[PDB]
Amino acid sequence: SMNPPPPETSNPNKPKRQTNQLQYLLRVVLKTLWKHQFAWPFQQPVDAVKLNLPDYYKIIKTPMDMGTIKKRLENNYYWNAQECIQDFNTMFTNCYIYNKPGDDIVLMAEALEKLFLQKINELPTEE
Ligand SMILES: CN1CC[C@H](c2c(O)cc(O)c3c(=O)cc(-c4ccccc4Cl)oc23)[C@H](O)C1
(Lines of atoms letter the chains of each structure in order from A and count residues from 1; the text may use other names and numbers.)
(Lines give C-alpha, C1' and ligand atoms only; values in the text may rest on other atoms or scores of the structure.)
Protein backbone atom coordinates (compact mmCIF):
# COMPACT_ATOMS: atom_id res chain seq x y z
CA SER A 1 0.00 0.00 0.00
CA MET A 2 1.08 3.59 -0.64
CA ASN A 3 0.74 6.32 1.96
CA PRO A 4 -2.33 8.55 1.98
CA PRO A 5 -1.94 12.18 1.06
CA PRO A 6 -1.06 14.30 4.11
CA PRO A 7 -3.68 16.37 5.91
CA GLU A 8 -4.41 19.75 4.26
CA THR A 9 -2.17 22.51 5.61
CA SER A 10 -3.27 25.53 3.52
CA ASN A 11 -6.55 26.63 2.01
CA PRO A 12 -6.64 30.08 0.39
CA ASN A 13 -10.44 30.19 0.68
CA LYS A 14 -10.39 30.13 4.50
CA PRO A 15 -10.39 33.36 6.50
CA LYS A 16 -7.32 34.12 8.60
CA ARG A 17 -6.63 35.84 11.90
CA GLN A 18 -3.89 36.40 14.48
CA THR A 19 -4.62 35.61 18.14
CA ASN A 20 -2.42 35.51 21.22
CA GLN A 21 -3.35 31.89 21.88
CA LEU A 22 -2.47 30.78 18.34
CA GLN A 23 0.82 32.68 18.63
CA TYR A 24 1.53 30.87 21.90
CA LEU A 25 0.69 27.49 20.37
CA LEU A 26 3.37 28.03 17.73
CA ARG A 27 6.06 29.97 19.65
CA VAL A 28 5.84 27.99 22.90
CA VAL A 29 3.94 24.71 22.50
CA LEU A 30 5.03 23.48 19.05
CA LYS A 31 8.61 24.71 19.31
CA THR A 32 9.15 23.25 22.78
CA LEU A 33 7.74 19.84 21.82
CA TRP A 34 9.73 19.85 18.60
CA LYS A 35 13.02 19.88 20.56
CA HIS A 36 12.08 17.01 22.86
CA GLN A 37 14.36 13.94 22.84
CA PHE A 38 11.43 11.77 21.69
CA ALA A 39 9.90 14.18 19.16
CA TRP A 40 11.32 12.69 15.99
CA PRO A 41 8.64 10.01 15.33
CA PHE A 42 5.99 12.74 15.52
CA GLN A 43 7.63 15.43 13.34
CA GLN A 44 6.04 14.32 10.05
CA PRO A 45 3.15 12.17 8.83
CA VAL A 46 3.61 8.49 9.64
CA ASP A 47 5.37 7.01 6.61
CA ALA A 48 3.76 3.57 6.76
CA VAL A 49 5.68 2.48 3.67
CA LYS A 50 9.14 3.33 5.03
CA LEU A 51 8.28 2.08 8.52
CA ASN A 52 6.77 -1.15 7.14
CA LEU A 53 3.44 -0.67 8.93
CA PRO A 54 1.06 -1.95 6.24
CA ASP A 55 -1.98 -1.73 8.53
CA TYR A 56 -1.33 1.74 10.00
CA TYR A 57 -3.80 3.51 7.73
CA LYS A 58 -6.28 0.64 8.03
CA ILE A 59 -6.49 1.46 11.74
CA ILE A 60 -5.75 5.20 11.84
CA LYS A 61 -8.31 7.08 9.73
CA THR A 62 -7.61 10.56 11.15
CA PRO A 63 -3.84 11.00 10.82
CA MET A 64 -2.03 13.89 12.53
CA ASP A 65 1.54 14.89 13.32
CA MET A 66 3.52 17.91 14.47
CA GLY A 67 4.86 18.73 11.01
CA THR A 68 1.30 19.17 9.80
CA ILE A 69 0.40 21.15 12.94
CA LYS A 70 3.42 23.43 12.47
CA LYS A 71 2.54 24.07 8.81
CA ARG A 72 -1.09 24.74 9.76
CA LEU A 73 0.02 27.34 12.32
CA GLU A 74 2.52 28.97 9.95
CA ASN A 75 -0.11 29.08 7.17
CA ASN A 76 -2.74 30.60 9.52
CA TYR A 77 -4.91 27.58 8.78
CA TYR A 78 -6.46 27.55 12.25
CA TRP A 79 -9.05 30.14 13.25
CA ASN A 80 -9.48 28.75 16.79
CA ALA A 81 -6.81 27.61 19.23
CA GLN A 82 -9.07 24.66 20.02
CA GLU A 83 -8.55 23.34 16.49
CA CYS A 84 -4.81 23.10 17.06
CA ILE A 85 -5.21 21.58 20.52
CA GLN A 86 -7.53 18.98 19.01
CA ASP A 87 -4.88 18.14 16.41
CA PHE A 88 -2.25 17.54 19.10
CA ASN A 89 -4.73 15.33 20.96
CA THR A 90 -5.50 13.39 17.76
CA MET A 91 -1.77 12.81 17.26
CA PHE A 92 -1.34 11.37 20.78
CA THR A 93 -4.47 9.24 20.73
CA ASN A 94 -3.56 7.84 17.28
CA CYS A 95 -0.31 6.55 18.75
CA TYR A 96 -2.13 5.00 21.72
CA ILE A 97 -4.78 3.44 19.46
CA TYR A 98 -2.35 1.86 17.01
CA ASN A 99 0.02 0.59 19.69
CA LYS A 100 -0.17 -1.02 23.16
CA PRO A 101 0.44 0.26 26.69
CA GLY A 102 4.13 0.02 27.52
CA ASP A 103 5.43 0.01 23.90
CA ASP A 104 8.50 2.25 23.62
CA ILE A 105 6.74 4.36 20.97
CA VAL A 106 3.78 4.87 23.36
CA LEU A 107 6.03 5.95 26.23
CA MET A 108 7.69 8.40 23.82
CA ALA A 109 4.29 9.88 23.01
CA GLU A 110 3.37 9.98 26.71
CA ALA A 111 6.47 12.03 27.48
CA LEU A 112 5.54 14.55 24.77
CA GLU A 113 1.95 14.58 25.97
CA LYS A 114 2.97 15.38 29.54
CA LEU A 115 4.98 18.37 28.29
CA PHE A 116 2.10 19.38 26.02
CA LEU A 117 -0.36 19.37 28.92
CA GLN A 118 1.99 21.47 31.06
CA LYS A 119 2.29 24.06 28.30
CA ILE A 120 -1.46 24.00 27.61
CA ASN A 121 -2.14 24.57 31.31
CA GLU A 122 -0.02 27.74 30.94
CA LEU A 123 -1.98 28.91 27.86
CA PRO A 124 -2.63 32.65 28.23
CA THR A 125 -6.14 34.00 28.66
CA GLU A 126 -7.61 35.31 25.40
CA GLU A 127 -6.87 38.98 24.83
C1 LIG B 1 11.56 -0.34 14.58
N2 LIG B 1 10.15 0.10 14.79
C3 LIG B 1 10.10 1.22 15.76
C4 LIG B 1 8.64 1.67 16.00
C5 LIG B 1 7.91 1.97 14.66
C6 LIG B 1 6.54 2.55 14.91
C7 LIG B 1 5.45 1.79 15.38
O8 LIG B 1 5.57 0.47 15.64
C9 LIG B 1 4.22 2.40 15.62
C10 LIG B 1 4.01 3.76 15.40
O11 LIG B 1 2.80 4.29 15.67
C12 LIG B 1 5.06 4.56 14.93
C13 LIG B 1 4.92 5.96 14.70
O14 LIG B 1 3.81 6.54 14.93
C15 LIG B 1 6.05 6.69 14.24
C16 LIG B 1 7.27 6.02 14.02
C17 LIG B 1 8.46 6.64 13.56
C18 LIG B 1 8.40 7.57 12.52
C19 LIG B 1 9.55 8.19 12.03
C20 LIG B 1 10.79 7.89 12.58
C21 LIG B 1 10.89 6.97 13.61
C22 LIG B 1 9.74 6.34 14.12
CL23 LIG B 1 9.95 5.26 15.41
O24 LIG B 1 7.35 4.68 14.22
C25 LIG B 1 6.31 3.93 14.69
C26 LIG B 1 8.05 0.79 13.68
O27 LIG B 1 7.38 -0.36 14.16
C28 LIG B 1 9.53 0.44 13.47
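Throughout, chain A uses the PDB entry numbering, with the displayed residues spanning 42-168 in order. Computed over heavy atoms, backbone and side chain alike; hydrogens, waters and symmetry mates excluded. Remember, it's 1-based here, ligands and their atoms both numbered in the order they're listed.
For ligand 1, the recorded drug is flavopiridol.
The chain sharing the greatest contact count with flavopiridol is, according to the PDB entry, Bromodomain-containing protein 4. Ranking protein heavy atoms by distance to atom 22 (C) of flavopiridol, first place goes to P82 CB, 3.7 Å. Counting protein heavy atoms under 4.0 angstrom from atom 5 (C) of flavopiridol gives zero. Closest protein heavy atom to atom 9 (C) of flavopiridol: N140 OD1, 3.3 Å.
Checking atom 17 (C) of flavopiridol against the protein gives a heavy-atom contact under 4.0 Å. At least one heavy atom of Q85 lies less than 4.0 angstrom from flavopiridol. The protein heavy atom nearest to atom 20 (C) of flavopiridol is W81 NE1, 3.6 Å. Listed by number with element, the atoms of flavopiridol under 4.0 angstrom from any heavy atom of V87 are 14 (O).
The closest protein non-hydrogen atom to atom 28 (C) of flavopiridol is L92 O, 4.4 Å. Within a 4.0 Å radius of atom 11 (O) of flavopiridol, the protein contributes at least one heavy atom. The UniProt domain of chain A holding most residues in contact with flavopiridol is Bromo 1. For chain A, the PDB entry reports the organism Homo sapiens.
Here's the thing with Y139: none of its N/O atoms is less than 3.5 angstrom from an N/O atom of flavopiridol. Looking from atom 27 (O) of flavopiridol to the surrounding protein, the closest heavy atom is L94 CD2, 3.7 Å.
For flavopiridol, the residues with any heavy atom closer than 4.0 Å are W81, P82, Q85, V87, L92, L94, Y97, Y139, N140, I146.
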